[PDB]
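In this structure, utomilumab is found bound to Tumor necrosis factor receptor superfamily member 9.
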Amino acid sequence: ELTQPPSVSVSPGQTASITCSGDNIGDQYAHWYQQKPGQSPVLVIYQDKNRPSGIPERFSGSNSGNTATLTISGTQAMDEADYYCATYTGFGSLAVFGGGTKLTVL
Amino acid sequence: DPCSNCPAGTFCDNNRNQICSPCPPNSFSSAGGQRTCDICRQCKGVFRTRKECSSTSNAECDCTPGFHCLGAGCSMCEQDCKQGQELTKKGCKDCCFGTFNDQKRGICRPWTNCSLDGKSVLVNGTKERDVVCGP
Amino acid sequence: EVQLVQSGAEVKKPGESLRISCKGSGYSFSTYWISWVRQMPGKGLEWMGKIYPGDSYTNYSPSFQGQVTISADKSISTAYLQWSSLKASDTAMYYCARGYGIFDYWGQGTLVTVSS
């Protein structure tokens, strides 16, 4: 189980912090997907902190202990979306999505 | 709209009264009418330059040897492992007994159980190769 | 370019069986895993399972084990997800994606509406 806050809201320019908590998730790779209304998910962070080329550099990620964190500095209206953390566990070969966080921007 | 007069390789800044200006070095515009020249992608670290960027096209990367591409335009690089191994956060780790991987990427997967389809084992499996089943 | 193209929207009754598809193109289909992901309306993504199409090895998450079947026809670079008897609660968007933890390509989604 990966637990995320159902909602995070910020004003434009404020930092958005989205957490995904799970027991010893710091031992795994956490990946972050963004999903806008009517679209398929898009990977914005992979391997806890790596950003795919083409993703705005204001997206960053960290992972340690029991918490992985997606951080958006200077959040813009175009960043309003649903965000999902995901990990893969070799014990059982399972992929697990967090419950999702709806980011709203004023 | 005046900005349509600026072809690829130039930009129409909505500041400075919308004049076409050429893209500075290490930037590009792949289409006409753009309001800014995008920064040319740089292939560093795990990334390696496949094509340099021009005034009208972004640079392109692949992955340095020992890594493999993922995502459109090789937007991500993931470390290779050897056959019989899989990648973990701690590095390349040998496949578990009863599983195998025949590629330099991806995860291990279990050996085929021949008995479940009334078959016998012709060749035992290894960490690099699946079990071979016969009639 | 690499593409995952899924079959069109489906409208079914409870108790009907259904199989939806996902065709990969532009890459070696037999050597990348295909995962299936459910998204009920207004809810989050749920990993259902995955298939390695080269030898059709499949595994499922515990909550979908025995509820659906994932299969593949590698000669036409197609993966499948099938139900033996749909429920109204199966109404959802279903995505196929390439990978097992890193999903670097996604299909456009298939809407399945199950109504009595």
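Proteins come first, then strands; the chains are lettered A, B, ... in the order of their sequence lines, and each starts at number 1. Both backbone and side-chain heavy atoms feed into the values below; hydrogens, waters and symmetry mates do not. So how was this one determined? The header says X-ray crystallography, 2.0 Å.
- Tracing utomilumab through the model gives chains A and C.
- Epitope of utomilumab (chains A and C) on chain B by residue number, heavy atoms under 4.5 Å: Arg41(B), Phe47(B), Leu70(B), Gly71(B), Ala72(B), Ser75(B), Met76(B), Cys77(B), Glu78(B), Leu87(B), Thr88(B), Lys89(B), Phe100(B), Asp102(B), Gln103(B), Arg105(B), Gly106(B), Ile107(B), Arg109(B), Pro110(B), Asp130(B).
- On the antibody side, residues of utomilumab (chains A and C) within 4.5 Å of chain B (heavy atoms) are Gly26(A), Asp27(A), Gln28(A), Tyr29(A), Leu43(A), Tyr46(A), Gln47(A), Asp48(A), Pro52(A), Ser53(A), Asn63(A), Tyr88(A), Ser93(A), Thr31(C), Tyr32(C), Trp33(C), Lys50(C), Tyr52(C), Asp55(C), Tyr57(C), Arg98(C), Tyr100(C), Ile102(C), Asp104(C), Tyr105(C).
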